[PDB]
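Entry featuring bithionol.
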Amino acid sequence: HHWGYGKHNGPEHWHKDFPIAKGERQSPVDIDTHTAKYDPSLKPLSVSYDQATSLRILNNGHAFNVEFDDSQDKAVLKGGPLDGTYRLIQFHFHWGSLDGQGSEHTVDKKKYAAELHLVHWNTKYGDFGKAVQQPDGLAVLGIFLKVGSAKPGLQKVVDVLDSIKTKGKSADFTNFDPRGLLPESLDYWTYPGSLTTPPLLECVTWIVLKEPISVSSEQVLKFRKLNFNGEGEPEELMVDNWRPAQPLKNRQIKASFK
Ligand SMILES: Oc1c(Cl)cc(Cl)cc1Sc1cc(Cl)cc(Cl)c1O
Ligand SMILES: Oc1c(Cl)cc(Cl)cc1Sc1cc(Cl)cc(Cl)c1O
Ligand SMILES: [Zn+2]
C-alpha cells in the first residue's frame with residue numbers, strides 16, 4: 001500500500017507516511033503573478049547544458065526519468081537565486097489525463113497540460129543523497145507545457161516511450177540534448193520549497209520559467225500511454241501524476257522580470 005496517485009494512495013494520503021507533507025515549505029504552489037515581487041538583485045540564470053551526457057530513460061512507476069552522468073560538471077545550473085554549482089541528474093514530467101490539468105505549479109490558478117522538472121544538486125554536498133538532506137541541496141527548473149505545435153526537441157523522448165511502458169523498464173538514451181526542451185526566455189519565478197513526491201524533503205530552490213513550451217496533442221497522448229503498473233499486472237494508465245498546489249505559508253515568490 002505504497003504511495004501513488006490513486007484514490008487510496010494519492011497526495012491526500014502521503015502525510016501518514018511522510019508527515020513533512022504538511023510542512024512549512026511544501027511544493028508545488030500557486031504562483032500569484034500580481035503578488036510575486038520583482039527582485040532586481042536576482043541574476044540571469046546560467047543554463048550550461050552543451051556537455052550534457054544523457055544515459056538512460058526509466059519508467060519508475062510514477063513518471064519516466066531521463067538520467068544524466070552527474071559524476072563531473074557537464075550539465076550545470078548556476079546564477080539566478082543560486083549560490084554555487086548545481087549538476088543535472090535527471091529530468092521528468094508530470095501530466096494529466098486531459099489537456100486542462102497536469103502541471104504541479106499553477107499560475108493565477110491556471111493548470112497547464114504538463115510540467116517538466118530538470119533536477120539538479122548542489123556540488124558542495126558531493127552526492128544527490130547528501131544534497132536532499134540540505135535546505136539548499138537541489139535546484140529544480142520547472143517548465144510548463146501547453147498543447148499546440150510539436151516540440152522538436154521532445155520527439156526523441158516520445159519516440160522511445162513504447163520501450164518503457166511499464167514500471168521498472170529502462171532503455172539506453174544517449175546523446176540527448178536537453179537544450180531542446182527550453183523556451184526562448186529564461187524569465188522565472190523562484191521560491192524555497194520541496195520535492196513534490198515522497199519523501200517530500202524541503203531541499204529545493206524552485207526556478208519556474210514564465211514562458212511555457214508548446215508540445216503537440218500527439219506528443220502528450222504518448223505520455224498518457226505509459227503505465228504505473230509493472231509488466232503482466234492490471235493496466236493502470238500513467239496519468240494525473242501531479243501533486244496539487246500546497247499552502248504558501250511564510251514564503252515570498254520572487255520574479256526575475258519587471
Ligand atoms: O535513495 C534516495 C535518495 Cl538518494 C534520495 C531520495 Cl529524495 C529518495 C531516495 S529513496 C526514495 C525514492 C522514492 Cl521515488 C520515494 C521515496 Cl519515499 C524514497 O525514499
Ligand atoms: O529532425 C527533426 C525534425 Cl526534421 C522535425 C522534428 Cl519536429 C523533430 C526532429 S528531431 C528527431 C527526432 C527523432 Cl525521434 C528522430 C530524428 Cl532522426 C530526429 O532528427
Ligand atoms: Zn517532478
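Here, residue 1 is the first one in the sequence, and each next residue gets the next number. Every heavy atom of this structure was used, including side-chain atoms; hydrogens, water molecules and symmetry mates were not. Indexing begins at 1, ligand by ligand and atom by atom, following the structure's order.
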* Which parts of this structure should be attributed to bithionol? -> ligands 1 and 2
* Asked: Of all chains near bithionol (ligand 1), which one has the greatest contact count, and what is it called in the PDB entry?
  -> Carbonic anhydrase 2
* Show the binding site of bithionol (ligand 1) at 4.0 Å, heavy-atom contacts only. => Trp3, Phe18, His62, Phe128, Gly129, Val132, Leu195, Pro198, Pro199
* To do: Considering only protein heavy atoms, determine whether one is less than 4.0 Å from atom 16 (C) of bithionol (ligand 1).
  => yes
* List the UniProt domain of chain A that dominates the contacts with bithionol (ligand 1). => Alpha-carbonic anhydrase
* Quick one: nearest non-hydrogen protein atom to atom 18 (C) of bithionol (ligand 1), plus distance? -> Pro199 CD, 4.0 Å
* Asked: Hey, which atoms in bithionol (ligand 1) end up nearer than 4.0 Å to a heavy atom of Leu195?
  -> 7 (Cl)
* Asked: Which residue owns the protein heavy atom closest to atom 4 (Cl) of bithionol (ligand 1), what's the atom, and how far is it?
  -> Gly129 CA, 3.6 Å
* To do: For atom 5 (C) of bithionol (ligand 1), grab the closest protein heavy atom and report residue, atom and distance to one decimal in Å.
  => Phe128 CE2, 3.6 Å
* Asked: So, for atom 1 (O) of bithionol (ligand 1), does the protein have a heavy atom nearer than 4.0 Å?
  -> no
* Below 4.0 angstrom from a heavy atom of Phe18, which bithionol (ligand 1) atoms are there? Numbered from 1 as shown, please. => 17 (Cl)
* To do: Report the source organism for chain A from the entry.
  => Homo sapiens
* To do: Using a strict 4.0 Å cut-off to heavy atoms of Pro198, name the atoms of bithionol (ligand 1) that fall inside it.
  => 13 (C), 15 (C), 16 (C), 17 (Cl)
* Asked: Which UniProt active-site residue from chain A sits closest to bithionol (ligand 1), and what is the minimum distance between non-hydrogen atoms, to the nearest 1 Å?
  -> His62, 3 Å
* Asked: Does the protein put any heavy atom within less than 4.0 Å of atom 10 (S) of bithionol (ligand 1)?
  -> no
* Give the atoms of bithionol (ligand 1), by number and element, whose distance to some non-hydrogen atom of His62 is under 4.0 Å. => 14 (Cl)
* Asked: In the deposited model, what is the covalent attachment point of bithionol (ligand 1) (residue and atom)?
  -> none
